[PDB]
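To find a chain, count down the sequence lines: A is the first, B the second, and so on, and within it residues start at 1. Hydrogens, waters and symmetry mates are skipped; everything else that's a heavy atom, side chains included, is used. For ligands, and for the atoms within them, numbers begin at 1 and follow the listed sequence. The displayed model is a subset of the deposited entry, and contacts were enumerated within the subset.
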Amino acid sequence: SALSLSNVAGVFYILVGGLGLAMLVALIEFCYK
Amino acid sequence: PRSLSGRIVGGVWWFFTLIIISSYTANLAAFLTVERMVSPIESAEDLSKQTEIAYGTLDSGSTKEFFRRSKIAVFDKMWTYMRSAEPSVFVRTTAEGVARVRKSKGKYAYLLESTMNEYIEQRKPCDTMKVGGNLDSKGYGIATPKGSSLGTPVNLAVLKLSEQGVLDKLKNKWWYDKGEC
Amino acid sequence: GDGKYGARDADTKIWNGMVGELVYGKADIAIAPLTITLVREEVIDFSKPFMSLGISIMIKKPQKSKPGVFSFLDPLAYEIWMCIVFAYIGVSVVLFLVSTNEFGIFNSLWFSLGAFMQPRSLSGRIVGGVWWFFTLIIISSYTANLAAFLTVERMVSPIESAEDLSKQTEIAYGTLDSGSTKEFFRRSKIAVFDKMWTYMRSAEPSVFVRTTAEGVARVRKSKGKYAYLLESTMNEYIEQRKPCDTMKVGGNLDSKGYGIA
Amino acid sequence: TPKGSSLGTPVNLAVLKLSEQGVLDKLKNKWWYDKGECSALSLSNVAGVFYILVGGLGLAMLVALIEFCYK
Amino acid sequence: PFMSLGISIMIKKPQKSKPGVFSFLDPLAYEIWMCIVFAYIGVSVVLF
Amino acid sequence: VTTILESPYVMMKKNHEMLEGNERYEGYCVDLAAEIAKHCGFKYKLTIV
Ligand SMILES: O=c1[nH]c2cc(C(F)(F)F)c(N3CCOCC3)cc2n(CP(=O)(O)O)c1=O
Ligand SMILES: O=c1[nH]c2cc(C(F)(F)F)c(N3CCOCC3)cc2n(CP(=O)(O)O)c1=O
């Protein structure tokens with residue numbers, strides 16, 4: 001009976017999703033230049 | 001500056017760490033609140049699946065002869081250990097066995113009659129405890145000479161006491177109620 | 001023939017079942033789970049117990065951890081995740097009015113970078129401070145609230161001894177309607193089992209099941225909110241059948257015995 | 001009991017016999033308590049910190065509107 | 001019989017004491033530390 | 001024995017339609033009634049006022 005990785009996991013996916021989102025908005029930045 | 005690209009990466013990673021360090025801050029407060037305990041020793045099958053915690057029985061007695069004669073899967077592994085265990089996992093008396101657990105910091109388990117086990121658990125200083133179900137199926141009884149006139153009387157009277165709940169009441173009296181734990 | 005163990009109808013004064021088929025001359029011996037009760041030892045003879053038993057507690061198999069992502073959206077309620085975003089864009093819009101159509105997009109991209117939390121214009125100065133005081137209370141409350149869930153989750157002790165059943169009431173419990181099991185509690189005078197009977201006697205709805213089978217399904221269809229009490233022999237056997245969703249806990253309640261009659 | 005009844009004295013005594021024997025106490029416990037029937041959060045608390053926030057937004061929006069007039 | 005019994009196991013109860021630099025790795029699980037380092041380098045590789 | 005219908009002193013038991021006489025009711029004063037009749041020794045029938 002320790003700490004559940006379940007709850008914490010859901011916040012890992014909004015992160016890597018946000019990383020990919022700004023791996024996307026990053027790629028469009030360099031384009032207009 | 002306000003580079004809208006990695007601006008949200010800085011923003012989203014911040015939310016990611018806020019939650020995590022809060023989830024740690026929370027669950028740690030619970031660890032310092034309850035501070036529950038666990039005992040490694042569950043069953044007798046838990047004694048034969050490890051070696052770090054030694055164990056033994058009496059050198060001479062029914063408890064010793066049991067494992068020596070037992071031909072059950074789990075119990076077999078226990079006796080093969082005890083017979084050639086170094087140093088001698090066999091103690092001299094019951095008191096020496098309890099003292100060998102009380103002075104091992106939990107590295108020495110002792111196997112005895114479940115009757116005095118529960119009694120030891122209720123004598124000072126409340127350090128030991130029985131764990132798991134008993135290993136066999138025995139029983140104490142009233143002994144009367146063969147062909148006695150007290151034979152059928154006492155036997156029937158025993159059953160009358162148990163169903164009434166006298167025995168259950170009596171054991172609660174000299175073990176737990178007048179126990180010291 | 002009748003399919004009963006052994007009883008003595010007080011009216012007709014006639015035994016029935018296996019025990020009966022010994023007395024009236026039909027059978028020579030009885031090899032079965034026959035309880036050595038005093039009422040029988042007077043009329044028939046029993047061998048020594050070939051299996052020491054007693055009454056136990058059949059609880060639901062403690063299902064393994066845990067629910068999913070939905071435990072993250074629970075401490076901070078869904079409604080509060082909303083207002084913190086409305087106010088979020090409600091702050092960055094206030095800051096936006098402190099600083100031609102493209103000049104308000106980079107500043108809004110700068111007021112959103114100052115919003116993605118972590119000169120002396122007294123206007124926007126007291127907006128950043130109040131916001132910090134705002135986000136402070138929320139994350140303090142989140143840590144405090146989530147701590148409670150995880151504090152109790154450590155506190156929820158597994159029901160072990162029978163005395164545990166008596167101390168609480170969140171998990172209801174009962175026995176069979178008729179049989180030696182139920183008759184124990186009603187008659188027992190031990191402190192623990194006393195209160196157990198008192199509760200079960202007045203319990204609504206019925207904590208008593210008709211058949212023994214209705215008990216097992218009632219523990220499997222309560223997800224742990226119900227416990228069934230019965231003989232140890234029948235209990236242990238149940239745990240070794242599909243879907244492996246029940247288990248025996250704690251020691252027995254009494255010291256019975258099966259014997260050859 | 002009706003005045004000067006036969007049951008007069010014995011009942012009075014018998015009642016008191018039931019007091020110190022604790023059965024009157026036990027009877028009450030039977031029908032009052034024995035037979036009787038008797039991990040989440042909220043928004044109500046959090047709301048009080050939300051209005052001071054928007055209030056801090058409406059005050060600085062006022063300080064924003066007074067700082068452009070001076071300059 | 002007037003009291004059923006058998007052979008039992010006696011052990012010593014562990015105290016509250018359990019020092020060592022391990023009960024800090026226990027809350028935030030080992031797997032999470034990995035991904036909090038995997039998504040970590042996953043961030044520094046995004047910004048880079 | 002005269003008595004008033006009042007909870008939880010004297011209440012109509014659930015299946016009262018099937019019972020007759022005294023078993024019809026139950027409560028505090030109901031159980032008290034018999035206990036009064038025990039240490040005085042008399043038969044009695046409860047009637048509602
Ligand atoms: O009839 C017998 N009854 C016994 C009863 C008890 C007790 F539990 F105390 F009641 C004990 N113990 C004494 C101290 O160590 C723990 C158990 C030993 C018994 N023995 C010897 P064994 O069975 O040959 O080992 C018998 O023979
Ligand atoms: O001698 C007796 N031996 C019994 C043995 C068992 C079993 F465990 F299966 F071996 C059972 N169960 C059957 C299903 O319900 C649960 C227990 C009932 C028995 N009864 C009736 P009871 O004791 O009056 O309840 C006896 O009389």
- Item | ligand 2: pick from L-778123, AZD4635, FYX-051, prostaglandin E1, ZK200775 | ZK200775
- Message: Would you let me know which chain has the most contact with ZK200775 (ligand 2), using the name from the PDB entry?
- Response: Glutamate receptor 2
- Item | Chain letters near ZK200775 (ligand 2) (heavy atom < 4.0 Å) | C
- Deposit source organism, chain C: Rattus norvegicus
